[PDB]
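Bound complex of 5-hydroxytryptamine receptor 2A and psilocin.
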Amino acid sequence: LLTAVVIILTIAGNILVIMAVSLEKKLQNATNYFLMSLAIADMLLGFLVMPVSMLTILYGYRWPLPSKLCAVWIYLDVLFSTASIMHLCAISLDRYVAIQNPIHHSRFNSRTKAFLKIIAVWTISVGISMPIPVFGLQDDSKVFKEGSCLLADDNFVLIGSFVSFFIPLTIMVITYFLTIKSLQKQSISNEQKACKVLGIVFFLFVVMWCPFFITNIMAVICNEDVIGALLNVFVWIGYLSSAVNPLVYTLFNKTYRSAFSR
Ligand SMILES: CN(C)CCc1c[nH]c2cccc(O)c12
């Protein structure tokens, strides 16, 4: 089965990135700490949420014995997915100011800025995910449907995606446009490599996560069986981003390539 492969890849990649950050004195800078936070969030996603999803697949999408695990499982899934998404959004926003104003960004760059960045993204992720255990356990219908564990709150699914993958998405495309504008208008080879890396990262993020959110919104604003079957695969397409984020955010460095090979 090609789902155990996904969980193994997620765990191994995030563990290796955390090891590379921790064991190398040359990689302890303000950006790599945020990258390690991304790795931690992706590892938690791949360890706590994904194998339970494979177990749900193995039982024909019939929940295992403890019914109380559904609401907390949805909480953890949404929390870690949002944490990854606005981690990427913060990375893009930080790169825009690093490229447009390098001197001022370096002058204002500090450990305090990185800690503020981390707490800001995690605080927004916590605020977005807040109602799920408050109301998911108060009413079992909001987290169950036809005997399968899935959230069935139409209003939250519509607005809760409008501040998780559509306002962050608008920010990310605007930032991508402004950065490719900035990097183009001996030192040009570095800028070309940076533009290529930014394009690969942005387009992979969009192509992996956008299908799931698009069909999720289409399942509410609008077929039901087809859309559900599509969601069942697109959620794992999105989960695979946790196994792709470390490799595309770290392996372009020779230090990370050497550490992975050690
Ligand atoms: C299913 N899982 C990949 C979580 C994705 C998610 C992030 N934020 C949300 C807000 C509402 C409904 C959701 O599925 C989400």
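One is the number of the first residue; the rest follow in order along the sequence. Numbering of ligands and ligand atoms starts at 1, following listing order. Just so you know, these numbers use all the heavy atoms, side chains as well, and skip hydrogens, waters and symmetry mates.
Measured on heavy atoms with a 4.0 Å cut-off, the binding site of psilocin is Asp77, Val78, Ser81, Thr82, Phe156, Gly160, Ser164, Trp209, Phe212, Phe213. Here is the list of psilocin atoms found below 4.0 Å of a heavy atom in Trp209: 3 (C). Taking a heavy-atom distance under 4.0 Å from psilocin as the test, the passing transmembrane segments of chain A, by UniProt's count from the N terminus, are 3, 5, 6.
Listed by number with element, the atoms of psilocin under 4.0 angstrom from any heavy atom of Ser164 are 7 (C), 8 (N). If you number the atoms of psilocin from 1 as listed, the ones under 4.0 Å from a heavy atom of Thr82 come out as 7 (C), 8 (N). With a cut-off of 4.0 Å on heavy-atom distance, the UniProt-listed serotonin-binding residues of chain A close to psilocin are: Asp77. Looking at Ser161 next to psilocin, no N or O pair under 3.5 Å apart turns up. The entry gives the source of chain A as Homo sapiens. Within the listing of psilocin, atoms 10 (C) sit less than 4.0 angstrom from a heavy atom of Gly160.
Within psilocin, the atoms closer than 4.0 Å to a non-hydrogen atom of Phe156 are 11 (C), numbered from 1 in the order shown.
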